[PDB]
K.L.:
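Here's a structure for you.
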2 protein chains.
Amino acid sequence: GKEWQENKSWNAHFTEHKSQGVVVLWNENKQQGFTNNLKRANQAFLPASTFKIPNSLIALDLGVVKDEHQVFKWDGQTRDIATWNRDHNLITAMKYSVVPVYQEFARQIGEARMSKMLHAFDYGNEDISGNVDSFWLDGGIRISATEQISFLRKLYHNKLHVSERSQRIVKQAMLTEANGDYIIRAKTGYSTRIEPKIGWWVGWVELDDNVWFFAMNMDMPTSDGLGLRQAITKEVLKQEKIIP
Amino acid sequence: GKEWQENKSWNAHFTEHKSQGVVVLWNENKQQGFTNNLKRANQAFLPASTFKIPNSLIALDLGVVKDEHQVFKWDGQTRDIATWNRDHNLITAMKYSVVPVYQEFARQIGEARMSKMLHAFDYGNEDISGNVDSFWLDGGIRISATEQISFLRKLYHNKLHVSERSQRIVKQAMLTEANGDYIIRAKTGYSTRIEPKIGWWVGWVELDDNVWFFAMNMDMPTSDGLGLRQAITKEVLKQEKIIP
Ligand SMILES: *C(=O)[C@H]([C@@H](C)O)[C@H]1C[C@@H](SCC/N=C/N)C(C(=O)O)=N1
Ligand SMILES: [Br-]
Ligand SMILES: [Br-]
């Protein structure tokens, strides 16, 4: 069949959870994409904490981050996410979406180099207008689910214009789930500063013989629904028999 | 701050499964080890498919293996393990203990360089006597649970005398389980050619703030019990509160 194909049956998974949004899949072997909503699939939003993927890559490649063991000391300002009020390395910072650590990265990266790198990566609208340390939260950067997949595919194949090492370390840091059936490398996000408020989940499922890339976003009025990002993606993956 | 400590309560986990063997833990933070049996902990056996860890490292470092995507074509000889009668890369070869792929690696590595490398790694008794392509199954190499942990600790810290790249690729290939509580990187083994028949499981549990290295072996008269390697290790890890 075609390059892209709408499967509106996935909408039953959003309906079940009184939710709206898109899941995009890309079967790497067949070079075919699938989504419940071709229009929303190409709607650009603030990347929010999904920006931690390219931010990590740029920080590692410029030596702002030496490796996944280097400790970034809590600045001692109590914030409302308990897990942020502690020291972190790249693995825990990505795992717990520790914004303050990445703001520090962004400040040392600086706007000139952040800009070159987002152009080299062909990342979303490639726009860093706003604060060099908050533009992925309330500045000019925008990216669609299908633009996330394009970026992730370059990362998986070690094709981005950064070292092989930087790509391996970030792919390591993205580790989220693994068993005898599959591996998930992914990153969550919650955009709240500009409407509409959305939750992100972008990454890929490794199997023995194939890779399935995915990017989903959904309306997130309150944080009560953040667990639906993974739950709804996993309902789609199961319906398509990509995971048991 | 005693270096090694016998905890005989773990024996109840082998007893419940009508089994005998050892689990060795090493808390990296505290530099303290724990085992159910100090004597068996230091008893050397054939590494069997646990040899795939150093074998992988040596193959990658010498360019016998270019990367984790390179395909090793089935030689077309039907063997007793279904999953071996198919093409493999490093990830699937490690996952399915595909002996024939690693025999091919060993033949290209050659005994001179295999020997230098095991000495550089301080790997068990450092003895490759027997067939260059079967010595880890029925030749002279022997290694204890505590010698496994020594080796694995060098791998984790990227300290072996091979490239950082080789160590990262193998640590990637070792991925076995991951969730939001822990990550397990490990390799299984079943020694059957020389008595006594034993099952191995060696690797480590990554947490947010610590690493717990582990090596267990157990009597494996038949293959019916191979699943006890992980089940018994996990009962110990749970008892010690290393995993929920
Ligand atoms: C990134 O998009 C977010 C930033 C803009 O605040 C952070 C916030 C977390 S939501 C976790 C809420 N639960 C608290 N324990 C997040 C994410 O989910 O990706 N990234
Ligand atoms: Br990895
Ligand atoms: Br590297």
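Quick note on labels: first sequence line is chain A, next is B, and so on, each numbered from 1. Just so you know, ligand 1 is whichever comes first in the structure, and atom 1 is the first atom listed for that ligand. Header says: X-ray crystallography, 2.1 Å. Computed from heavy atoms alone, side chains included, the values below leave out hydrogens, waters and symmetry copies.
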K.L.:
What would the PDB call the drug seen at ligand 1?
P.N.:
imipenem (bound form)
K.L.:
Of all chains near imipenem (bound form, ligand 1), which one has the greatest contact count, and what is it called in UniProt?
P.N.:
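Most heavy-atom pairs under 4.5 Å are with Beta-lactamase OXA-48.
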K.L.:
Quick one: other chains with a heavy atom closer than 4.0 Å to imipenem (bound form, ligand 1), which letters?
P.N.:
A
K.L.:
If I apply the N/O under 3.5 Å rule, does A/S97 come out as touching imipenem (bound form, ligand 1)?
P.N.:
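Yes, A/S97 has an N/O under 3.5 Å of an N/O on imipenem (bound form, ligand 1).
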K.L.:
Look only at interatomic distance and state if A/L226 has a nitrogen or oxygen under 3.5 Å from any nitrogen or oxygen of imipenem (bound form, ligand 1).
P.N.:
no
K.L.:
I was wondering, what residue and atom holds imipenem (bound form, ligand 1) by a covalent bond in this structure, if anything?
P.N.:
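The entry shows a covalent bond to A/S49 OG.
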K.L.:
Using distance alone, determine whether A/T50 and imipenem (bound form, ligand 1) share an N or O pair under 3.5 Å.
P.N.:
no
K.L.:
Which bit of A/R229 gets closer than 4.0 Å to imipenem (bound form, ligand 1), counting heavy atoms only: side chain, backbone, both or neither?
P.N.:
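It is the side chain that touches imipenem (bound form, ligand 1); the backbone stays farther off.
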K.L.:
Applying a 4.0 Å heavy-atom criterion (strictly less than), which segment of A/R193 is in contact with imipenem (bound form, ligand 1): side chain, backbone, both, or neither?
P.N.:
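None of A/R193 does.
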K.L.:
Could you work out, for atom 4 (C) of imipenem (bound form, ligand 1), the closest of A/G199, A/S49, A/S134 by heavy-atom distance?
P.N.:
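Result: the heavy atom closest to atom 4 (C) of imipenem (bound form, ligand 1) is in A/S49.
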K.L.:
Of the residues in chain A that UniProt says bind beta-lactam, which have any non-hydrogen atom under 4.0 Å from imipenem (bound form, ligand 1)?
P.N.:
A/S49, A/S97, A/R229
K.L.:
So, regarding A/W84 and imipenem (bound form, ligand 1) (criterion: nitrogen or oxygen to nitrogen or oxygen, under 3.5 Å), is there a contact or not?
P.N.:
no
K.L.:
What part of A/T188 sits under 4.0 Å from imipenem (bound form, ligand 1) if we count only heavy atoms: the side chain, the backbone, both or neither?
P.N.:
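Both the backbone and the side chain of A/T188 come within reach of imipenem (bound form, ligand 1).
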K.L.:
Heavy-atom pairs closer than 4.0 Å: do any link imipenem (bound form, ligand 1) to the side chain of A/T83, the backbone, both, or neither?
P.N.:
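Under 4.0 Å from imipenem (bound form, ligand 1), A/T83 contributes no heavy atoms.
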K.L.:
I'm curious which residues sit within 4.0 Å of imipenem (bound form, ligand 1), going by heavy atoms - can you tell me?
P.N.:
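Within 4.0 Å on heavy atoms: A/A48, A/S49, A/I81, A/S97, A/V99, A/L137, A/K187, A/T188, A/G189, A/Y190, A/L226, A/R229.
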